[PDB]
Amino acid sequence: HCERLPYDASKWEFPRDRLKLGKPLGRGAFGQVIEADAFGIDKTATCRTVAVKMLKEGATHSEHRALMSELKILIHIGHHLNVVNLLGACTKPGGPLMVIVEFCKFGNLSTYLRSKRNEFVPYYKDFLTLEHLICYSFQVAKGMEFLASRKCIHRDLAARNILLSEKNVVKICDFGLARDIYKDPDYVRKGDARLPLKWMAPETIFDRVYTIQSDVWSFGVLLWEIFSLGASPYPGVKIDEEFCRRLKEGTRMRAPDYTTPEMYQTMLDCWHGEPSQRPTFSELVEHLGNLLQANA
Ligand SMILES: CNC(=O)c1c(C)oc2cc(Oc3ccnc4cc(OCCN5CCOCC5)ccc34)ccc12
């Protein structure tokens, strides 16, 4: 019910003429993310590279409404290190709606991890390590615990929706309309929609129920993505009626190549058939904190 949420223009509004738009970072059918240089958006008179989400040719007012609600919910949620951080917006009549967020150096985590297979050691500068992987996992859990505290749920948690910034900081985001879900293999046709079936809890697939505990299921799939270094979930499996049936039966993914035993058990915990029996994000924060310390 985001339509009732406030937009404080005096706080958030940024002039369009102080935003210099550049190269596209991601494009969907109706939306896009573009790199930009913003003059004095978060620090007085200093240029800052940012990312801005806006609509594309083909978009209608319905997509405009959706982007406005997205802005409003980001304001409601507020700032956390592990959520993509809202810097401002351009909402004034006479131009397109633009939502401005912090630029994350390395882009989406799925593509990044997939690029580091030859630059990984469990325990070499700029090499990824097991510590990095557990650290990213811990950070996403922290971000999701925060989102839950704001009475919000994600509904599309996956490595493609995690951003990697400098100093190994990861941030939860949602590309949304800026992703081409009709062309993206991660989204499968189900009824009158294209859905991320491989990341979805059984109750979401079968009953269309979305809760923080279905986000926990998705977090388990995310963990699998991290510890496979960006592999595609359910390798060599056709995503059809039989897949969904077997999933409800209790079929689960095998351990990914770079996992630890306790990380794999954590995945299995997140994939409990009963939503209430899955760990909470607060439990996951505690556990992954312990695992990160045990690693060091
Ligand atoms: C709920 N709202 C949102 O999630 C988002 C809003 C309002 O704007 C966004 C913009 C997003 O895209 C990016 C944000 C911040 N930084 C990004 C950096 C990107 O790529 C960096 C450059 N890459 C590095 C890797 O090699 C290729 C080039 C791509 C996309 C980026 C993601 C998510 C959002």
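The residue numbers of chain A are those assigned by the PDB entry, with the residues present covering 816-938, 996-1168 sequentially. Structure determined by X-ray crystallography, 1.5 Å. Counting starts at 1 for both ligands and their atoms, in listed order.
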Which drug molecule is found at ligand 1 in this structure? PF-00337210
Top contact chain of PF-00337210 - most pairs under 4.5 Å, UniProt: Vascular endothelial growth factor receptor 2
What makes up the binding site of PF-00337210 if contacts are defined by heavy atoms under 4.0 Å? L840, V848, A866, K868, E885, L889, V899, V914, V916, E917, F918, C919, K920, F921, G922, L1035, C1045, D1046, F1047
Provide the organism that the deposit lists for chain A. Homo sapiens
Hey, which of the UniProt active-site residues in chain A is closest to PF-00337210? Heavy-atom distance to 1 Å would be great too. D1028, 9 Å
So for PF-00337210, is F921 a polar contact partner (N or O within less than 3.5 Å, distance only)? no
Specify which UniProt domain of chain A supplies the largest share of contacts to PF-00337210. Protein kinase
PF-00337210 - covalent partner residue and atom: none
Considering all protein heavy atoms, does one lie under 4.0 Å from atom 9 (C) of PF-00337210? yes
I'd like to check atom 27 (C) of PF-00337210 in this structure: does the protein have a heavy atom lying under 4.0 Å from it? no
Quick sanity check - which UniProt ATP-binding residues of chain A lie within 4.0 Å of PF-00337210 on heavy atoms? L840, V848, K868
Any N/O of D1046 closer than 3.5 Å to an N/O of PF-00337210? yes
Note every protein N or O atom lying under 3.5 Å from an N or O atom of PF-00337210, pairing the names and giving the distance.
| from | atom 1 | to | atom 2 | distance (Å) |
| --- | --- | --- | --- | --- |
| PF-00337210 | 2 (N) | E885 | OE2 | 3.0 |
| PF-00337210 | 4 (O) | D1046 | N | 2.5 |
| PF-00337210 | 4 (O) | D1046 | O | 2.8 |
| PF-00337210 | 16 (N) | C919 | N | 3.0 |

